[PDB]
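Single-structure report; data block below.
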Amino acid sequence: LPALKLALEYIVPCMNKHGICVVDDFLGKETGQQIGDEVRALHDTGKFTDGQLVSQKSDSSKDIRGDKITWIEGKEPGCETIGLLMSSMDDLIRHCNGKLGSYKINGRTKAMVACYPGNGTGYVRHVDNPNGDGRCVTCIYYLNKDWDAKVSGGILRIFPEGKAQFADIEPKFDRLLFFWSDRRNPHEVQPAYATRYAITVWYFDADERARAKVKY
Ligand SMILES: O=C(O)CNC(=O)c1nc(Cl)c2ccccc2c1O
Ligand SMILES: [Zn+2]
């Protein structure tokens, strides 16, 4: 489907009504696989950090670390398909401008590739942008083939601001996700028992970002 059709007939209305939207088979198998290879290459070549310090025991040899990350601009050699993913995300956002709430997106962060090693670590409940730093939309792309939460866990659980119920999102291969970055979407990553890859990009609202500068 053309970016515009997907955006106008689904993303725009979905976001305004739910603020949490999922798009499966975003780029297709071939492209998704190539991205998976680039991300795996980054890992195998030691480009990721050692992982978030989860448990710092008296002894450091036994320390437990979680999600590993690496920032990608999208033009570096070996990550061009990722840059392509980022472009696809952008073209999609552009077709939504003026329709995603009253926000006016004028920029984004670089891509943050994250890898949960599968040692039972997850990510505590949190809000991406709780202090109004400009980020209005969180965009996540998953690259995990044949991922079964019942077996590997790693489920993304979001707790919509008012609703009681929460939404469980599986980090399925070639899946794209959109959700408001503010306090309306507190979320967390349940313990992952298998290698879990995801690529995140945050979009900035023009006004919020402009005055964020003031307050720093
Ligand atoms: O990956 C997922 O399905 C959900 N991930 C997150 O919500 C998430 N959020 C933040 Cl702010 C960070 C921040 C740093 C590293 C990983 C993060 C992460 O996976
Ligand atoms: Zn988050």
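Each residue takes its place number in the sequence, starting with 1. If you check the header, you will see the structure was determined by X-ray crystallography, 2.0 Å. Both ligands and their constituent atoms are indexed starting at 1 by order of listing. Computed from heavy atoms alone, side chains included, the values below leave out hydrogens, waters and symmetry copies.
In this structure, the drug found at ligand 1 is FG-2216. The chain that FG-2216 touches most here appears in UniProt under the name Egl nine homolog 1.
Counting heavy atoms under 4.0 Å from FG-2216, residue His187 touches it through the side chain alone. Of the heavy atoms in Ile69, only side-chain atoms (C-beta onward) come closer than 4.0 Å to FG-2216.
Checking distances under 4.0 Å from FG-2216 turns up the other ligands and ions ligand 2 (zinc ion). Of all Fe cation-binding residues UniProt records in chain A, the ones placing a non-hydrogen atom under 4.0 Å from FG-2216 are as follows: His126, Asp128, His187.
When the options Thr200, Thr49, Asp128 are ranked by their closest heavy atom to atom 11 (Cl) of FG-2216, first place goes to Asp128. Using a 4.0 angstrom heavy-atom cutoff, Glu188 does not count as in contact with FG-2216.
Most of the interface of chain A with FG-2216 sits in UniProt domain Fe2OG dioxygenase.
Result for chain A: of the UniProt 2-oxoglutarate-binding residues, FG-2216 comes within 4.0 Å (heavy atoms) of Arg196.
The shortest heavy-atom distance from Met112 to FG-2216 is under 4.0 Å.
Taking only nitrogen or oxygen atoms, main chain and side chain alike, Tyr123 does not reach within less than 3.5 Å of FG-2216.
The residues lying within 4.0 Å of FG-2216, counted on heavy atoms, are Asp67, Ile69, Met112, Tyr116, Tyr123, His126, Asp128, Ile140, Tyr142, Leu156, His187, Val189, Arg196.
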